[PDB]
Number of protein chains: 2
Amino acid sequence: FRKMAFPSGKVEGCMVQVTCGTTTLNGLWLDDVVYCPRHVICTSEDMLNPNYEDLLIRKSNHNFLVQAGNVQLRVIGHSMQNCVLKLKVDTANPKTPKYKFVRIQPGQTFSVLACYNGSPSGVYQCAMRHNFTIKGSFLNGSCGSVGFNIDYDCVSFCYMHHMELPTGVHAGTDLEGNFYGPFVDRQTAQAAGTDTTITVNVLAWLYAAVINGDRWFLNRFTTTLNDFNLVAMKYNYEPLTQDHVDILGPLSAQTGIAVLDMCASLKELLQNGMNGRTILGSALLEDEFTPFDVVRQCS
Amino acid sequence: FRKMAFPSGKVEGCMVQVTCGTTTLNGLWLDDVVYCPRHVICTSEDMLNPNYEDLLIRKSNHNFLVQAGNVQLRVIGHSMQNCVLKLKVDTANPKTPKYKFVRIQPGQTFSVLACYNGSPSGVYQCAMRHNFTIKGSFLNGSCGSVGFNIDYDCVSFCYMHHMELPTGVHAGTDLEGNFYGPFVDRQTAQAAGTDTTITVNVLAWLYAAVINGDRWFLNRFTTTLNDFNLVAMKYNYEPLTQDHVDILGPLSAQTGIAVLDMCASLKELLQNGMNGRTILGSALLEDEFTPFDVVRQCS
Ligand SMILES: Cn1cnc(Cn2c(=O)nc(Nc3cc4cn(C)nc4cc3Cl)n(Cc3cc(F)c(F)cc3F)c2=O)n1
Ligand SMILES: Cn1cnc(Cn2c(=O)nc(Nc3cc4cn(C)nc4cc3Cl)n(Cc3cc(F)c(F)cc3F)c2=O)n1
């Protein structure tokens, strides 16, 4: 098992650079609109405690430099939606894919196209942690890089990168400009909430093991969901939601192992450990493969 | 710090489907030639023990169906170069990138674009191992997927996927059709040579751990190159050369940790184990990052 990103071509053709004075970052060009973090309108002095409403009134269309490669896209309108800037440009992107804007739940994975100065650099899979941060790999100049999933040629954009936290994890918004988690777009020290293990994904990893014939940890017990959630919290595992139980449906049907029976097996592993035994050739439980990721790799 | 692949868009526009009878796999369309594994000309009976020159002489151009998306390309010529079939087509691929064909050395990494029926499915980083296998993520229908590196807009193709060995590792050729390793393109069980660990890559990754703030494995011991290499060989690690030491120069400069001091750290890890601790979230010693991979992602 390894982390597999979606092919990035449909997103590469949408990346542009957006510059305001000397502040520069990445934006996303879809039809005739460029979406980017509103942080671009900040001078160095504004980044600590920006007054975004005040900073925008000073700005006119001709203050925004938008470039696809070295080709300038003239801005003909600008607005602010939550923490994203929307720049209307005079050219509709001929490479615009079929796309949606989605807001993802914690545990869900997505592909990140890391970009610098509008130029795509690399692609990798990330998971949204339950404290609404991601353990990404980002350098300076990456602000505005996006995260996405692809279903049947349709790109669902779910993340726009804004900042690095002191602990080295990363925080950002959806493509409507709403932050994931309790963060704000200022250059101030903000702490990630305490992280938890992503229970739904650990359960998917256990189903993956079963599919590949590694099933020693299957015990003879069952549990209720309420009983399991209360126990899981004592081991810094996330409580399961009703949506979590349902996205485990396909793996449960494939293996014939009821979701609640697998929760009982996981509860046993938490209360007693693994005793030098491995699962999928590993002594650590993996929590960054979703049920969908598992089916992608197994079938 | 993460395993990061190159953006795949320049390769996506070159993937097509090749079909001969009921046998089908992926091909690479560059200018007016489609490159694909010659295994495509085998029926299920042929696959077990194929005489390829005999099989190819009995084929005509119209025995080859090539589809790019929904568009059918007409084959107007064919030839075989080692294990690679070259189909001349009546249309040049307008999305052909600047490209080269290169044969890589063990320890070097590349990006894989996994494809099924000519449609790209995922992208991830792999390394050529010392026994000329790769630990990929490939399912049925992935034959003909390619591996590549991207250097300022030029795609250097280095791998064409052929088969999965009974241990689950993968084997393939360069784009001139020569296998990496002692394998042949026939459906028979094939084992690889002993899998020696890429020592210079493990050292690069330990330097990545330091650069990313993890230092528990460092120590005050010292070692000579030969004394380290004695322990390395004992543990089936590749001997470290002065060229490897030189290549690690920039990382030792950045961290102030001498290369032979990092060797002392690795020697203890090999002799004592990790004591349940982890490095960069991994419970085992990672050997699929090159010094350049670490430099590029950390800077
Ligand atoms: C190491 N790292 C990992 N992720 C990041 C993301 N990131 C970023 O790329 N840039 C940021 N500040 C800027 C500085 C600029 C200097 N010039 C010339 N232009 C610049 C543009 C930007 Cl955006 N930041 C900091 C940051 C960005 C925000 F959007 C925000 F709301 C708060 C912040 F503190 C940053 O985190 N760097
Ligand atoms: C599980 N896995 C991981 N990697 C692979 C790659 N792979 C593959 O995709 N296909 C193969 N055999 C074929 C069967 C076909 C059935 N039809 C209808 N069409 C087919 C086309 C192919 Cl290529 N193989 C096996 C294989 C492929 C070779 F190129 C070879 F030289 C020897 C082999 F044993 C395969 O490994 N599968």
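Chain naming here is simple, since letters A, B, ... match the order of the sequence lines and numbering starts at 1 in each. Values below: every heavy atom of this structure, side chains too, minus hydrogens, waters and symmetry copies. Indexing begins at 1, ligand by ligand and atom by atom, following the structure's order.
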Requested in this report: Look at ligand 1 and name the drug there.
Outcome: ensitrelvir
Requested in this report: Provide the name in the PDB entry for the chain that contacts ensitrelvir (ligand 1) most.
Outcome: 3C-like proteinase nsp5
Query raised in the report: What other chains come closer than 4.0 Å to ensitrelvir (ligand 1) by at least one heavy atom?
Result: A
Query raised in the report: Are any of the N or O atoms of A/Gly141 closer than 3.5 Å to those of ensitrelvir (ligand 1)?
Result: yes
Query - Shortest heavy-atom approach to atom 22 (C) of ensitrelvir (ligand 1) - which of A/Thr24, A/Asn117, A/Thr43 - result: A/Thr24
Query raised in the report: How does A/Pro37 reach ensitrelvir (ligand 1), if at all, at less than 4.0 Å between non-hydrogen atoms: by side chain, backbone, both, or neither?
Result: neither
Query raised in the report: Among A/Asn26, A/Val18, A/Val40, A/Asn140, which residue places a heavy atom closest to atom 1 (C) of ensitrelvir (ligand 1)?
Result: A/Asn140
Query raised in the report: Hey, is ensitrelvir (ligand 1) close enough to A/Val184 that some N/O pair sits below 3.5 Å?
Result: no
Requested in this report: May I ask which of A/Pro50, A/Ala189, A/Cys143, A/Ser145 has a heavy atom nearer to atom 8 (C) of ensitrelvir (ligand 1) than the others do?
Outcome: A/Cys143
Report task. Have a look at ensitrelvir (ligand 1) and work out which part of A/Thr22, if any, has a heavy atom under 4.0 Å from it: side chain, backbone, both or neither. Result -> backbone
Query raised in the report: Of A/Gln187, A/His170, A/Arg38, which has the heavy atom at the shortest distance from atom 25 (C) of ensitrelvir (ligand 1)?
Result: A/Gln187
Query raised in the report: Which of these, A/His39, A/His161, A/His162, A/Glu164, has its nearest heavy atom closest to atom 7 (N) of ensitrelvir (ligand 1)?
Result: A/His162
Query raised in the report: For ensitrelvir (ligand 1), which UniProt domain of chain A supplies most of the contacting residues?
Result: Peptidase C30
Requested in this report: May I ask you to check if ensitrelvir (ligand 1) and A/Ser142 share an N or O to N or O distance below 3.5 Å?
Outcome: yes
